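Structure first, then comments.
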Amino acid sequence: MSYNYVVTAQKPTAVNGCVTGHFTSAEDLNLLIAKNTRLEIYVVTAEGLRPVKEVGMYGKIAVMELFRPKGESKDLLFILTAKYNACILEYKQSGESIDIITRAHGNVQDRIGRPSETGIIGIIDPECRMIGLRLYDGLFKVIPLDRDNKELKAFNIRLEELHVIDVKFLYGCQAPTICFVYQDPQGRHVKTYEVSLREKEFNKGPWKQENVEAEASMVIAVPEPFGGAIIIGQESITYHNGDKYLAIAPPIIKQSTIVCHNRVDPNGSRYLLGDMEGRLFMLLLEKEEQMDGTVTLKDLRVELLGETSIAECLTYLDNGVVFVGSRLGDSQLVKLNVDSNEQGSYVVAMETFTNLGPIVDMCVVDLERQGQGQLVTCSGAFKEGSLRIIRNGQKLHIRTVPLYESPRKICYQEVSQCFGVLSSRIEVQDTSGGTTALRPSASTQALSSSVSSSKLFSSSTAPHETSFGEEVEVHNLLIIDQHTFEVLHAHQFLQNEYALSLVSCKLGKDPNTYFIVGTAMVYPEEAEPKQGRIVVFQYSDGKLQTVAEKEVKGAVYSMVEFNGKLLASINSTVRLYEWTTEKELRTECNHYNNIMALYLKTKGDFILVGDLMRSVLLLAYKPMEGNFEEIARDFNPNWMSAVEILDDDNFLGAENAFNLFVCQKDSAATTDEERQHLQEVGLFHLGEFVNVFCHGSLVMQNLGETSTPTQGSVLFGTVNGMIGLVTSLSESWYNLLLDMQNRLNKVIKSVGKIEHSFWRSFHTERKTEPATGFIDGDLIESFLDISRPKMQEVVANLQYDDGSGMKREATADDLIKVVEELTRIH
Amino acid sequence: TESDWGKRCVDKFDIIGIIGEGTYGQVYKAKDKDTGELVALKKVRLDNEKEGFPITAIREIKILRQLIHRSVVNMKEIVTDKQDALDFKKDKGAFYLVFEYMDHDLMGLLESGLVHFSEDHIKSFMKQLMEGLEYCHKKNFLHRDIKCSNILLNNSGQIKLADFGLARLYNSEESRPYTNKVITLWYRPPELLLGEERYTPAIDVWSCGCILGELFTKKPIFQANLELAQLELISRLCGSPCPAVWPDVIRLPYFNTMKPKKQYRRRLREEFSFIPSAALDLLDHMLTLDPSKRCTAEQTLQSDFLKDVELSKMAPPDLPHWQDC
Amino acid sequence: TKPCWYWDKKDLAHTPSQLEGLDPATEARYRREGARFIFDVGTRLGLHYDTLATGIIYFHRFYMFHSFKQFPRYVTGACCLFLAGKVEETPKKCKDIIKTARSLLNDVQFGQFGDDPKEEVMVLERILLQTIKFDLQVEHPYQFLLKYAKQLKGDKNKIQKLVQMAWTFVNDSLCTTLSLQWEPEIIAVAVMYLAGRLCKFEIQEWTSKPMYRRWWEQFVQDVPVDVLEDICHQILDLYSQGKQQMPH
Ligand SMILES: CC[C@H](CO)Nc1nc(NCc2ccccc2)c2ncn(C(C)C)c2n1
């Protein structure tokens, strides 16, 4: 068996949802921001936000909504986790003591159901009579909000429309009414139903179905003065309410897909819209009052306000202040002005909240020679693309390098006092027949620049037609100085050439240090790329010179230096190349038992190969023979997102289901079968998506640092900006820490009353397993924050094993010292 | 000639790697040196000398040389390790069963969650599987181990049935005792939970229906670790075993012993309301508690859901692209 | 695809056993003894008639590729029966076959099994499988005797007498090389033909074509009487050579 420890170095920073209400007091205006597994509660002031409370939940927050049922003084909070844990929460404050009350809770998972394409949707009735959940295709789940439903018991209503895009509860209806957009073979439609808690079924809805735009994406529930709903698409915005129908199709919105909506005026006069290019719009409802006294909707208007970060959630707060919650870039507070500035913008940024964005790749480098190590991360996407340099100093110091294009891979080349970074920028087919970039970015603002002239694929004769307005990716290698972080050089790759892998190394007997890039030729028609280039570049005297190129019959997804040789993965094949005295690559040996060789890692003459669905494989290079041998494979099928080698026997992997596992050589030489079987000995539900595993530590090493119980150091970056650390433990230390977790879980109160053991259980949709071989360090590190009575309660009857003293009782002060040493690893 | 098996050497194959570990030996992917065709070679070791050649392999050799069907895997030949010269007693070399290589296994495709099955894909899948099962059932052979891992698929959309290590002949006229529990618990029919021991070909139908539901939910329908817990899960959806729905349930040894918590009513149509009507009817018939009332393979093939499916269009399943990477 | 398991009578002059100097009579005696050993061992173990026959067919086929002087018959017979049990799903443990073989064989005979009987048998399994070319499925005259008899309608007792007599002839033909000369379907007809002659029954009448004098043709196409007589001649020879007489 294997024993490991996992802790969070940086909490998730990307904003996954945000809502406003009166949650902490019936008087205060609250902003609740949701990061993965984390809830932040703020109070809105005239200058900005005042933080009041933050809690973690043992689950990914999927639904977050504030409602106030009749009889309550203040808003209650509904949260549903991605594993279908539901709960209703209340804020309670007693002077200086702030705690979160779990008013109702339960798990709403169905034994049989198909998870929907557009994900979990949760909505609440305007009269707070019920919570609507769309969890499975063809089913609508209703949790009625009666006082007695403390377990959140619920029933399903059969739904004829299997493929639902979005749903909202409407305002101004005689009964609880849902309005939704759905897709069937005939296009997209908008339809209504009434929900009857008495009959536990749908009844005919208030207004008839209407055929809507093919890419109708979002449903906006308009308030009582107007009633009805607004449907947001790619080209048009329509208003529907019985007989009334309006449609505005302003050309400006066609340019970028609109992704988020919020209400500015409680009456529904003004709504805010945002799109993936960061543009922020105001949607205006132009009223017309008849002599009857009735208020109708006259027209819709769309007005461009300015630019914000690419935003997952928008919430207007008060006055001219809007909170911009961003998942791909830094989140923001911006002020909307009535008068435009001299550039034509009504939006002026107030504060910037750091978001490590998606961490696509990262490396640890000791820039200042300090024995510490700093983390340079490829963070963000598109306009929010950034390099983030992170050092420890008690908070983490983060520097941001704006790139305004997507960073893909990073590698450090010390000989050149610089970094190599792969990046891609979006251009659009313009009227010239070529393409034009939406905004200048790192690859265009390089001091010196170069464009590849390779004729390897020039024979073409394969037609790829271009329509004006279509997007294309343009990939570059950026040379970036390690002190100024100024773009020194940018090499634009070939048309339709994607840069997938990057290494900096010496090869063979060649004293020169090269940047080597593995590419793929990507055409929309190809399911799998069938062409590729391995390019060798030397950065010298401010100019990058192509030393050699190797044509391959696929995509070079991953490359890694292997004892003076170049190990590259081309589609199914894993290949080892030798660097000749003629400065050309030569195939040496190949391994082909892979569906898709996405990830590669080396230790000695051993290679760890990561497959899309074939989990992980342990290869070995056999020098006596000049070829590869398969040592052992993990037969259990898992989808891989990143792998890493912990030691000569243990191997770490990350699943696309937000799970971590550790495989080991079965170390029993009895039969050939046992050795060739990698046994999974660690299972852990991380809750984050791991892209990059990287050996290194951010902690300052003065050489005086006490040798911690933990041995080894693997950092990892995730999509939500979370940075974590994996390390190994001795059998004794693990058993001690594991026994303590079980003790801590009985003592510590979970928000939503979510069992910790469930949260960390390995979870694929098809299989669920209890965690094994992993210590939730974040649970262990919470021992220091529980009150003294609880600390002593935890240590009762706690014994140590196999130490200086075989059995040794623990006191609350002994464990406080142990955990405090464990907090020093990050 | 092509028919003189057991003599050709495994030298004739370049071994690529280990695809999976079989129960009686490990299975390796290989390329034929002469033709280039990819084949999967199953390792048969008699060195154990406990009972000599595995009967599980003997069943696969006996049955698969008899069964010819597009939806049934073809054993191409049997080859051997370099045998010891003129000393058979010293020789402990192993034999290999050559099979056509298949690109993917169903269990792997579902587990990655990358594959997406449309109704038409499922139709093409189910039609092939049932056509293979009907061929086998018509030849009076029972598979006895229908699992997602044993369903093999080529990217073309061709489906083939695989492990026959537990297959045995069924005699309708003569009921004879068999192995009490054959199919994996997740796909085991209620009769085997209750220990009929004289099971009918309907055991395979139950499993295939479990697969039908699995293709729609992307999640196994009934997954448990204990035989009673599975009976409860089956009972919740298909209804509790009771004399009205299963007149002969009282004769099954474990009817009184193994009981569900309640006498649950059948809810299959409700819980699978999202499944298309043509298919839902197929499921209700395949997942019928009473083996005598459970539909046959031919009946599943003569189906509104499957009868009008044309095998010319095999509907290739959704392939993960570079973008999916 | 599939191997040819049938030879011409003339070819039996050139079995390995013949060419190593064994005379025709001795190989015939060796075959009867080996077949009867397989039959007797498995009958003592309670084995189905198909299992006994399958072992005997393996045995006969084996000595078309090997010599009796290099492979002891009783070891081979025991190995065949052992494998036959696994093929026909009537399995037996090798130790139990040895136990029974020891009970029925004298001391000289059991000397073939050598110092370790189980090992000599289990080791032979490799050769047997390679020799029979892994063509394990075998059909036997029994099933055809019944498939064909079921289509006869008439005096219940006259037909049952025909079947049992023919069934006896099937059991006796297992001691001969007929299993190597003619498909089982032909054997089943031949024994019906023989029993019909001996009981003075005219099977044509019991068939759905009472006027089709050649009743064998509605069961087995393309069989001349020449063949059915050759088979009958070979079966009755065993009775004339031995003290035993036709069952009647
Ligand atoms: C994956 C389990 C499956 C069970 O028979 N094994 C398997 N799986 C096969 N599929 C390919 C595969 C490769 C690697 C992992 C999983 C599946 C396959 N192809 C041909 N064969 C022969 C032995 C019948 C195959 N056998």
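Numbers restart at 1 for each chain; the letters A, B, ... are given by sequence-line order, proteins then strands. Counting convention: from 1, in listed order, for ligands and their atoms alike. Because only heavy atoms are used, hydrogens play no part in the values below, and waters and symmetry mates are left out as well, while side chains stay in.
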Ligand 1 drug: R-roscovitine
Largest contact partner of R-roscovitine (ligand 1) (naming from UniProt): Cyclin-dependent kinase 12
Contact chains, R-roscovitine (ligand 1), heavy atoms < 4.0 Å: A, B
PDB name for chain A: DNA damage-binding protein 1
Chain B: main UniProt domain in contact with R-roscovitine (ligand 1): Protein kinase
Source organism of chain B (PDB entry): Homo sapiens
